[PDB]
Q: 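Take this structure first; my questions come after.
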Amino acid sequence: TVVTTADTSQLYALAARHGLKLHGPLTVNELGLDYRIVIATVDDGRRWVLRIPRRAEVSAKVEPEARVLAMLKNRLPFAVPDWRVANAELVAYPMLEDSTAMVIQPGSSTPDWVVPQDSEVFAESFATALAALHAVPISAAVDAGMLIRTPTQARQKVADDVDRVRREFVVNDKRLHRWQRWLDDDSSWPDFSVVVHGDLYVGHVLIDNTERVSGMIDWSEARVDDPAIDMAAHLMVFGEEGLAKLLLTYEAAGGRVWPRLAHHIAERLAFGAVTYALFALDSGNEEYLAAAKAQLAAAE
Ligand SMILES: CC[C@H]1OC(=O)[C@H](C)[C@@H](O[C@H]2C[C@@](C)(OC)[C@@H](O)[C@H](C)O2)[C@H](C)[C@@H](O[C@@H]2O[C@H](C)C[C@H](N(C)C)[C@H]2O)[C@](C)(OC)C[C@@H](C)C(=O)[C@H](C)[C@@H](O)[C@]1(C)O
Ligand SMILES: Nc1nc2c(ncn2[C@@H]2O[C@H](CO)[C@@H](O)[C@H]2O)c(=O)[nH]1
């Protein structure tokens, strides 16, 4: 035989327990710390994504995320995963075959490709898609049992994350003062919350052949919270010029803005160091921890 990374017999049995008959090519990504991700061919001739929780604490998150996606399906003008299997041992959905807005080889630190800066179709359709997401009524989020943060709770969560990093790591003094100044800067913070994706960047956005946004994936961080959460990565990837274009079109599409939104988004992006450090800490992974500590101690 030939040794292969995927355990085809175990994967077949797992899928079959949930009404899916695997047959044909599959691909496996075991780099995720919480899930194994397999793209598999099923006897319907279609590819399906198998999202396999690794541990009980991850399995616990399946049921609430399933309620989120069930609520979002009809309320977004783009596709989201259709979790036709959702249980503690397996999530599975038909693959949304459109490409992500970037392409990267598993394990690599460098993408092969990112949708270009000058793609007006991408920029525009991402802005309108984001306005549509942020227009989902909070009532619908409450009815779906989502995590809800008022503006005060949103700001408290950021404070709590900063304080946890301060307890566990040694942070550059200027970084600490930046975060504290932000937390104390009333004019930066929004006076409302919206449904956010929570982990939104080009790698979780799907596009058609023309580069028009057609879907979003990986909704595990979705909640009602600060809208700027979903704009930080756009600034990170497309710069201030990209952000300026996003905010103009987002507002024109009905997105609610506030005067210091662009500033707030930059502060949220800086806060990404906190998010990364807590991910590292909770992961127990020494390589991620090494990177986090180095970033935190470094002057920005
Ligand atoms: C351009 C392409 C590059 O993407 C980015 O830089 C995004 C803008 C990031 O989001 C930025 C912006 C941000 C707002 O997230 C969208 C912010 O939270 C974050 C930490 O970094 C990522 C997505 C981060 O992931 C996020 O890291 C979190 C700690 C946990 C998140 N999730 C729950 C599993 C996860 O998706 C990550 C750390 O990159 C550096 C992923 C890590 C594997 C890499 O270094 C990558 C190879 C990348 O540099 C990239 C793919 O080449
Ligand atoms: N194009 C596409 N990629 C997916 C889909 N589901 C998962 N992926 C990929 O697998 C990762 C983990 O879910 C994502 O970040 C994507 O890289 C999908 O339906 N379509």
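Chain A is numbered as in the PDB entry; shown residues: 2-301, in order. Both ligands and their constituent atoms are indexed starting at 1 by order of listing. Recorded method for this deposit: X-ray crystallography, 1.4 Å. Just so it is clear, the values below take in all heavy atoms, side chains as well, and ignore hydrogens, waters and symmetry mates.
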Q: What does the PDB call the drug placed at ligand 1?
A: clarithromycin
Q: I'm curious which chain is the main partner for clarithromycin in this model - what does the PDB entry call it?
A: Macrolide 2'-phosphotransferase
Q: Hey, which residues are hanging around clarithromycin within 4.0 Å, heavy atoms only?
A: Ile105, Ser109, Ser110, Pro112, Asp200, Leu201, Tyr202, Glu222, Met237, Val238, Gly273, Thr276, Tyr277, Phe280
Q: Taking atom 31 (C) of clarithromycin as the reference point, report whether a protein heavy atom occurs under 4.0 Å from it.
A: yes
Q: Nearest protein heavy atom to atom 28 (C) of clarithromycin: under 4.0 Å?
A: no
Q: Distance to 0.1 Å, residue and atom name: give those for the protein heavy atom nearest to atom 48 (C) of clarithromycin.
A: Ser110 O, 4.9 Å
Q: I need the atoms of clarithromycin closer than 4.0 Å to a non-hydrogen atom of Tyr277, numbered in the order shown.
A: 29 (C), 38 (C)
Q: Please identify which atoms of clarithromycin are closer than 4.0 Å to at least one heavy atom of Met237.
A: 6 (O), 8 (C)
Q: Considering only protein heavy atoms, which is closest to atom 34 (C) of clarithromycin, and at what distance to one decimal place?
A: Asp200 OD2, 3.6 Å
Q: Which chain residue and atom does the model connect to clarithromycin through a covalent bond?
A: none
Q: Are any non-hydrogen protein atoms located under 4.0 Å from atom 39 (O) of clarithromycin?
A: no
Q: Below 4.0 angstrom from a heavy atom of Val238, which clarithromycin atoms are there? Numbered from 1 as shown, please.
A: 1 (C)
Q: Less than 4.0 Å from atom 3 (C) of clarithromycin, is there any heavy atom belonging to the protein?
A: no
Q: With the threshold set strictly below 4.0 angstrom, can you tell me whether any protein non-hydrogen atom sits that near atom 8 (C) of clarithromycin?
A: yes
Q: Look at atom 13 (C) of clarithromycin and say which protein heavy atom is nearest, naming residue and atom and giving the distance to 0.1 Å.
A: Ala234 CB, 4.8 Å
Q: Need the clarithromycin atom indices (1-based, order shown) with element for anything under 4.0 Å from a heavy-atom of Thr276.
A: 18 (O)
